[PDB]
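Data block below; observations after.
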4 protein chains.
Amino acid sequence: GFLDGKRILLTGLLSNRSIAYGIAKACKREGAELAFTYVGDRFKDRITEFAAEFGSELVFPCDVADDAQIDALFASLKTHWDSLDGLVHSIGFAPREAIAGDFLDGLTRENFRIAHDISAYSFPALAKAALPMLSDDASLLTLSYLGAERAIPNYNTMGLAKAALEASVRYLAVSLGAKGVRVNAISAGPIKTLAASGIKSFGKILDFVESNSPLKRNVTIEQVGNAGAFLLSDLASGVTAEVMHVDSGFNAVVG
Amino acid sequence: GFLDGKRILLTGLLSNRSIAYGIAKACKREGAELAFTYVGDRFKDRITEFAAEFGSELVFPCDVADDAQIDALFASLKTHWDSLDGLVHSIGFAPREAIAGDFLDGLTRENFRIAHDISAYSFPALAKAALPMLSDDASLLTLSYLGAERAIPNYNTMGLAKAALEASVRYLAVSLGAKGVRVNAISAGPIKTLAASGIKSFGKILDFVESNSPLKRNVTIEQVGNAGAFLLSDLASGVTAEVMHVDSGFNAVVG
Amino acid sequence: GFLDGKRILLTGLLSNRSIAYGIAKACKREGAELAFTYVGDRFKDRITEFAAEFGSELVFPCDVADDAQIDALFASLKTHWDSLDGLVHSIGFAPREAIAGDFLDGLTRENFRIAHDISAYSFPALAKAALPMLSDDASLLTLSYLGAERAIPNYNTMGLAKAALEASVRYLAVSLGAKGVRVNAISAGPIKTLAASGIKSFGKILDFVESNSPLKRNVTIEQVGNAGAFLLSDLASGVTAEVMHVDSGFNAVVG
Amino acid sequence: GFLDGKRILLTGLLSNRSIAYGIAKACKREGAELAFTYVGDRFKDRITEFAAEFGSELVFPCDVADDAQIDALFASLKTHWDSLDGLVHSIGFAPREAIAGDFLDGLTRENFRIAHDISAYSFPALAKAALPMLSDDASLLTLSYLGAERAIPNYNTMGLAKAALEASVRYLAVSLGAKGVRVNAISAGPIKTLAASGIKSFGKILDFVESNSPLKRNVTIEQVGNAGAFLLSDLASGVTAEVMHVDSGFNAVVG
Ligand SMILES: NC(=O)c1ccc[n+]([C@@H]2O[C@H](COP(=O)([O-])OP(=O)(O)OC[C@H]3O[C@@H](n4cnc5c(N)ncnc54)[C@H](O)[C@@H]3O)[C@@H](O)[C@H]2O)c1
Ligand SMILES: NC(=O)c1ccc[n+]([C@@H]2O[C@H](COP(=O)([O-])OP(=O)(O)OC[C@H]3O[C@@H](n4cnc5c(N)ncnc54)[C@H](O)[C@@H]3O)[C@@H](O)[C@H]2O)c1
Ligand SMILES: NC(=O)c1ccc[n+]([C@@H]2O[C@H](COP(=O)([O-])OP(=O)(O)OC[C@H]3O[C@@H](n4cnc5c(N)ncnc54)[C@H](O)[C@@H]3O)[C@@H](O)[C@H]2O)c1
Ligand SMILES: NC(=O)c1ccc[n+]([C@@H]2O[C@H](COP(=O)([O-])OP(=O)(O)OC[C@H]3O[C@@H](n4cnc5c(N)ncnc54)[C@H](O)[C@@H]3O)[C@@H](O)[C@H]2O)c1
Ligand SMILES: Oc1cc(Cl)ccc1Oc1ccc(Cl)cc1Cl
Ligand SMILES: Oc1cc(Cl)ccc1Oc1ccc(Cl)cc1Cl
Ligand SMILES: Oc1cc(Cl)ccc1Oc1ccc(Cl)cc1Cl
Ligand SMILES: Oc1cc(Cl)ccc1Oc1ccc(Cl)cc1Cl
């Protein structure tokens, strides 16, 4: 495949419906060696099964809230890999009331801090931590959503963080571009995942996109996965600082 | 003027070259009643002179880092005004190494938190706090910069925060829109202010914009001031969730 | 008013519900001297009444399809005015099948040519013809629609033309910017006008915008009129190459 | 490869330096069957060599200015293929004075018409003509430039046309989306091609992009070729109505 010999670290793989899971499957198919992260002592079993499922024994704990675990992540990976080719940032979180009902109702300084801490800062944080062992043609990938660019019901505080996330894609691309590293994001359409359950009336969003998107259909973690695999490969060596919509074209219309 | 009888609160007035100062002058000229905020026990004298200069006795301390001062601000304002017609958010801050040289060099979880805390969160924070005494045709205004949408040298972490700020403009517009309140931002071109001094090689930016902007000239706090006065007025009752460029058109070209 | 002593030529005034009519009323109120154009020998009477209604005797024929009438327009205006301060381009047209049903169904080389000829080319064309008699602080204004940036049902070929129109705003801004002339567009929300009648299911669009816009209301020619007067005035001397949304914020949300 | 069994028609292949040539090479590598078009009785020899070079005997004349040749193109192709999987629109033209010096100097109704006729209309025109023989998972691709979104020196009239082209990408995506057809564009960075020679001071642009792009390097027809191959493949089945930048990230920065 077009990822033969590429070593890729994936975050955010929580279940077999996770976006990170879709990307992992596509990357393995295209011939990459994978490494995974998990959050919390408990999930170690579930993620190891997933890793083994993709032919990997490399799993590392990393709660992006903790600077310690982040530095430890790449110190540990370095004992197995001396060169990192790909990094998949598929991580997001906000207190649930900050993504429910009215934007102001759920707004608190703490909710704001957490949402941006975990959903935005973590990307460039991981990048900075990985820099020393990044190959010269390395590719960094993150996941964003249309809510960053336009106001979407219930998305609220998460929207602000995503806007920051996308801005970081650009500033990262400039900082790491000299070395030859590319940084991109995929703005994915709605997908029924674990995290998606916390967004109020997510079903309304799925129905609406299926009805109004140009392709009249929702996207899959396979379609997002393939797009991700492409951006991580040398096929996209001309692409950086890009926010690529994988949403059946929904962003481009007025529903 | 087109602001006769409007009561407007302005933050960020620090010196006579401040953007907030430009907006203040324009609003007064168009007939508004002004109120001001200052940071730190010390600046009370300097801001009181400015307030008097605009025919106001209303100055209140407000460090947007402190929830207490924010709640106290509108509690105090309520003893003078029972109705707030306008709110000007002209506030920004990041640790200086976070806006110097390389994006990653200046990136730390703390620098990130501070920048977003003060430059982004504070806007919707003030909005939420002012909501109870906001008129039905009230208008909220904030200041942003091209660095949110494109990667600008040295702007770094501030770019991420501004992106979040612009996103909050949209989500605020939806939340307060029902009541009839409008929320907008002005994306101002570079202006030699106090804060601007902290941006490395700011002079290079001024020269470049003057040379490459369609109008071949930099903007003034009077031009930003007038635009702000417009957006705060009923003349712009059809405008909300808008990021208006006041930058001599620089954003629309490739220099 | 903030347009005292400004001489402004308005195209597109067809009925008292026209956007151009809204702009004219606002401009007169703020103290401008107005001049008007009409299409076809017949409408001369109706437009002269309107002109008189705004205290003007200056009406000139100008079918923007004809280079002759365009050059003649400013030759004639020059006999009354030696200096033009403002130009309002409120003109649009496409064959009706090109803005009905399916995009491809209504697509023909001729329909394409006409739509772009009248709706896009005419703006920079009028600009070029007016250049010799334009003041140094002159302001040019055109009207666009969200359909240029996103696909809107039935707008079809008109969307392509508007996209070109908005692009011309930018290139015009660069070309005339040196002299000191500003070029802008207002992206207006849906308004029940004569032309609007030709857009299939225009009523559905009005209802949708009223329901989903942040301000939960449609815009008026008065609100667009005021925005236009602002952009035409020195109050907006810092603004050029801008496409300003006057649509109750509709563009910024997902409905 | 990921294009095994796909039948793709390519326009715009003029020299081994053409963008279409880069795309052709990448598609063949990934396993597609190719067909080519040429303009003018004369170039038939040169294009047949190129086609043979990619293992194809299918070349058809098509001057997109002529409705006749366009209809004849797909009538002829239908005798060899009963199903078209891909269409590559790599065509552009404007009278040379329309892309030299000042925007207004080169502006004439005729120059405007031609530029939009050949560079914008031709895309949806070809699409409509190909519709009857398009497969349900077909993918259409066109080439655009940053000049559509921002004012670039000398690009002038071409910028307007590209803006229209990108708008057509969106309306096309909606019209053909129901059937399952995807429509996308690649916004390519500057590449030294035949057409590029007609843009005044093209060398200045190449140097500037190489110096200021995040990757500090210009792009190749191979990099654009790969991106194009991706968008034409099922790997990108989640992507439509997208304008993908392949420009080393240049668009995302301020140089
Ligand atoms: N699911 C969708 O419809 C959709 C659409 C667009 C964008 N996205 C974005 O895609 C990304 C991945 O979400 P998903 O939908 O694949 O979901 P998912 O819920 O299956 O996984 C989200 C992951 O985030 C991780 N995470 C949360 N807080 C963390 C922390 N403090 N430290 C480390 N990891 C943490 C979880 O462990 C989990 O693996 C998120 O940024 C989400 O906003 C999702
Ligand atoms: N100066 C420019 O060229 C320029 C360009 C675009 C945008 N902006 C934005 O305009 C706004 C005004 O900045 P300016 O350049 O006019 O500068 P200025 O330095 O005169 O004012 C900035 C203000 O921020 C205030 N501030 C900082 N930390 C604060 C805190 N914790 N609590 C409350 N207030 C705090 C300061 O007291 C000061 O009054 C900022 O948001 C800035 O990003 C400025
Ligand atoms: N009404 C809306 O909802 C809306 C929304 C967005 C944009 N617009 C834009 O507003 C502008 C004016 O539309 P309106 O709604 O005020 O309409 P209106 O229907 O009352 O007027 C249309 C105008 O087209 C002009 N016109 C047509 N062919 C012409 C030609 N060959 N030469 C000169 N003038 C010609 C006429 O003078 C007429 O006044 C158009 O560019 C339209 O696209 C309208
Ligand atoms: N080369 C660049 O730097 C660059 C960058 C971005 C976008 N583009 C776009 O890419 C496309 C191809 O440009 P290129 O640089 O690969 O160039 P190229 O000059 O080698 O090819 C341009 C093609 O236009 C075609 N063409 C011209 N007039 C035509 C007509 N009347 N009918 C049909 N076809 C006609 C010719 O077949 C020619 O091969 C154009 O749309 C151009 O705007 C080019
Ligand atoms: O960004 C998302 C967008 C959609 Cl449409 C669905 C799920 C998303 O992902 C999240 C949603 C809420 C929280 Cl709290 C965390 C995450 Cl990761
Ligand atoms: O945002 C700005 C943009 C420009 Cl071009 C110039 C000055 C700006 O204002 C600031 C810059 C840096 C910091 Cl830390 C704080 C502020 Cl208020
Ligand atoms: O552009 C418009 C957009 C809207 Cl929502 C309503 C009216 C518009 O104006 C026109 C619409 C169609 C044609 Cl043929 C001509 C014109 Cl002037
Ligand atoms: O769009 C382009 C952009 C660049 Cl940077 C270089 C070449 C381009 O393509 C053209 C430019 C001018 C003409 Cl007349 C024809 C074509 Cl095909």
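The order of the sequence lines fixes the chain letters, beginning with A. Per the PDB entry, chain A residues shown: 2-256, in order. Heads up, chain B uses the PDB entry numbers, so what you see runs 2-256. The residue numbers of chain C are those assigned by the PDB entry, with the residues present covering 2-256 sequentially. We number chain D the way the PDB entry does; in order, the residues shown are 2-256. Order of listing sets the numbers, starting from 1, for every ligand and every atom in it.
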Could you check ligand 5 and tell me the drug name? triclosan
Main binding partner of triclosan (ligand 5) (name per the PDB entry): Enoyl-[acyl-carrier-protein] reductase [NADH]
Enumerate the other chains with heavy atoms less than 4.0 Å from triclosan (ligand 5). A
For atom 16 (C) of triclosan (ligand 5), tell me which residue out of A/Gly13, A/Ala196, A/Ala189, A/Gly190 has the closest non-hydrogen atom. A/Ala196
Would you please determine whether A/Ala95 falls within less than 4.0 Å of triclosan (ligand 5) on a heavy-atom basis? yes
With a cut-off of 4.0 Å, which atoms of triclosan (ligand 5) are near a heavy atom of A/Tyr146? 3 (C), 5 (Cl)
Within the structure, does A/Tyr156 bring an N/O atom to less than 3.5 angstrom of an N/O atom in triclosan (ligand 5)? yes
Identity and distance of the protein heavy atom lying nearest atom 6 (C) of triclosan (ligand 5): A/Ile200 CD1, 3.3 Å
Which one holds for A/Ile206 and triclosan (ligand 5): side chain close, backbone close, both close, or neither close, with close meaning a heavy atom under 4.0 Å? neither
Identify the protein heavy atom lying closest to atom 15 (C) of triclosan (ligand 5), giving its residue, its atom name and the separation to 0.1 Å. A/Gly93 O, 3.6 Å
So which bit of A/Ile100 gets within less than 4.0 Å of triclosan (ligand 5), heavy atoms only: side chain, backbone, both or neither? side chain
